[PDB]
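Entry overview - 3C-like proteinase nsp5 with GC376 (bound form) in place.
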2 protein chains.
Amino acid sequence: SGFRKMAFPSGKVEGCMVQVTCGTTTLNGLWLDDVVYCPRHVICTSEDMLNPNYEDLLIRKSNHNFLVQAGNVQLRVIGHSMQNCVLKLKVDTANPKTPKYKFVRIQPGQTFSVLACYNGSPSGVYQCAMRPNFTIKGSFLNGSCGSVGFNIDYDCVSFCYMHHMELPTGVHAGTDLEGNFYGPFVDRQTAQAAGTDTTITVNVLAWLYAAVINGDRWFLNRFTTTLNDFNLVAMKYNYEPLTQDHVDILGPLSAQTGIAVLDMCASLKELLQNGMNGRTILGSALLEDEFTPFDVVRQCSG
Amino acid sequence: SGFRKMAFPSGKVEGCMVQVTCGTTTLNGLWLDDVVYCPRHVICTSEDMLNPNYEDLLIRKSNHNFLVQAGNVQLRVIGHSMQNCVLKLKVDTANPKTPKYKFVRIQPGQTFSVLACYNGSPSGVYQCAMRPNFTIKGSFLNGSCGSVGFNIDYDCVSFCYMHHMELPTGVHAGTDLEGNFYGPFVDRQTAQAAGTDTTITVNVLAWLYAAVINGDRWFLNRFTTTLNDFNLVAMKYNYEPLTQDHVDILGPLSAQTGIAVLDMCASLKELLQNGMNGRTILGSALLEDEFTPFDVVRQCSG
Ligand SMILES: *[C@H](O)[C@H](C[C@@H]1CCNC1=O)NC(=O)[C@H](CC(C)C)NC(=O)OCc1ccccc1
Ligand SMILES: *[C@H](O)[C@H](C[C@@H]1CCNC1=O)NC(=O)[C@H](CC(C)C)NC(=O)OCc1ccccc1
Ligand SMILES: [Cl-]
Ligand SMILES: [Cl-]
Ligand SMILES: [Cl-]
Ligand SMILES: [Cl-]
Ligand SMILES: [Cl-]
Ligand SMILES: [Cl-]
Ligand SMILES: [Mg+2]
Ligand SMILES: [Mg+2]
């Protein structure tokens, strides 16, 4: 038993991380088959950061302007192109360590593992959720751009995030592997601000089921509620309304514990209204909304 | 910027995990050079779990009683021996994926990455601290035994934990790679109970410095205190006394922020006495003691 924020083993992704240099600018890239993906701000000139012309800047560059480093070995760049906010660098050598992989765009509330990297070498791995305001709360310094977020099913890697930038509030923004930003942000240093965020109601319920499964049950009541009744409380405490599909994906967790989704909603309701009586749930003194229903089934069934 | 519980990339350890079967009993092993380490309770007969004679049980077993599986490939067992609570299985084939590695015994308060495994295949990675009561708060089910805890420096893996058992309170116990238990526990199903735990004062201070470095500073006061004054408060709130060596290893963090160790102690003091005013520090509503001084320097300096 026990419940901890848990990342996926990063080995299959570590064997795809390379370093990308264009000029003075260095960051990470993702070497899959004969191609290396990295953020397109790797070609920005120092003062042309406020509003860079990426089309103009990219046609200026040869294959020779891009150094692609994979240890103490230089991969050969034989083509430079752009898709949305990601460069693609064709190389003559395919990645012998290439795994079965898809590219996927995830939804707010959904989690992925981040492999934080600097100068091409993996540094640490941690779990993130895409917030409703389309940012993540990660940990990222200068050199971290090109770090990816991913999920693993069987032997297939689902890559869903590439790191680009830090917003004033200390939160992070990036795109999918097609180079499209999550949220309303752009890859220029123009003033941008994370919108107002909300609590991922379905994920809080999932985590309360994780509690019950691990014997943390002090907060369970036997009060009735309804979807409409619960949503009136949700809205008041800055929680997303619970939808019927949200109810449906908590079906597994409801089946295993014998506690109807709406019984757990009446428990979450009393927690919102009365607080936690200076107690913890799974060692947290607040309600955790960064674990999906899937995350709980996966970790409470190995 | 940003601060998250962060594990080490698990790739170098993933390439050492194998499956070990003796009879009906299966669990993980650690294939380094020509040897496979696993917990010695892998040879326990079903009813001989209360007080197993491990010396008697092990001499009963051939090399042929131990199936060692590394994918869809069976490694050849050419010798069975025991060191404390770990079996060692000699194999004819050395691990081609073997990395530069030490075995180390860590101290209470110190952190490591866990690679949770089932039937030899890595499942997830997370960060743990050895508690003062010599348990860890991990996440572990049937089949997880043989999962290891590790640290990485340069290209060298420091393996410091192997998983053995779950205590009644939902907390976990294991040994070092020499097979010696952390804490007063034994690898038999006799009644054992985690002692009383305490808060790792040096790690809370480290994490408060992590806060200040990431701009979370509402809790900083300008009150004076002394080591003796602080320890009187520490003792009252079930914190370990701060020692001069604890003061010394916070030197890096004190240098970088301009805040003397004892100034931060006066801040931790007021937090203990007055609480957190329903606020968070780095997104936690309680004081986190699972990050070492080293963990903070490493993550706030990439
Ligand atoms: C990529 O390595 C780098 C990582 C950032 C900086 C430190 N922590 C991170 O996550 N990305 C950037 O530095 C980014 C570059 C632009 C070309 C996108 N700039 C940035 O993060 O700050 C931009 C900003 C300025 C003013 C308001 C809003 C955003
Ligand atoms: C190894 O795979 C297994 C994993 C445990 C069980 C579920 N979660 C875990 O972490 N280890 C054991 O099952 C262990 C076996 C003994 C031979 C050490 N037994 C156990 O964990 O419970 C023992 C116990 C009983 C009564 C009081 C105190 C401890
Ligand atoms: Cl694809
Ligand atoms: Cl590392
Ligand atoms: Cl994590
Ligand atoms: Cl050694
Ligand atoms: Cl996996
Ligand atoms: Cl973690
Ligand atoms: Mg183009
Ligand atoms: Mg022996």
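Quick note on labels: first sequence line is chain A, next is B, and so on, each numbered from 1. In listed order, ligands and their atoms are each counted from 1.
- The parts of the structure that belong to GC376 (bound form) are ligands 1 and 2.
- The letters of other chains with a heavy atom under 4.0 Å from GC376 (bound form, ligand 2) are B.
- When the options B:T190, B:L27, B:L167 are ranked by their closest heavy atom to atom 27 (C) of GC376 (bound form, ligand 2), first place goes to B:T190.
- The closest UniProt active-site residue in chain B to GC376 (bound form, ligand 2), going by heavy-atom distance rounded to 1 Å, is B:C145, 2 Å.
- With B:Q192, B:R188, B:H164 as candidates, the residue nearest to atom 28 (C) of GC376 (bound form, ligand 2) on a non-hydrogen basis is B:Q192.
- Within chain B, UniProt domain annotation places most contacts with GC376 (bound form, ligand 2) in Peptidase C30.
- Residue contacts with GC376 (bound form, ligand 2) for B:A191 involve N, CA, C or O but no side-chain atom from C-beta outward (heavy atoms, distance under 4.0 Å).
- With a cut-off of 4.0 Å, there are no other ligands or ions near GC376 (bound form, ligand 2).
- This entry records a covalent attachment of GC376 (bound form, ligand 2) at B:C145 SG.
- The site surrounding GC376 (bound form, ligand 2), defined by heavy atoms under 4.0 Å, contains B:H41, B:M49, B:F140, B:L141, B:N142, B:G143, B:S144, B:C145, B:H163, B:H164, B:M165, B:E166, B:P168, B:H172, B:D187, B:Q189, B:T190, B:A191, B:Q192.
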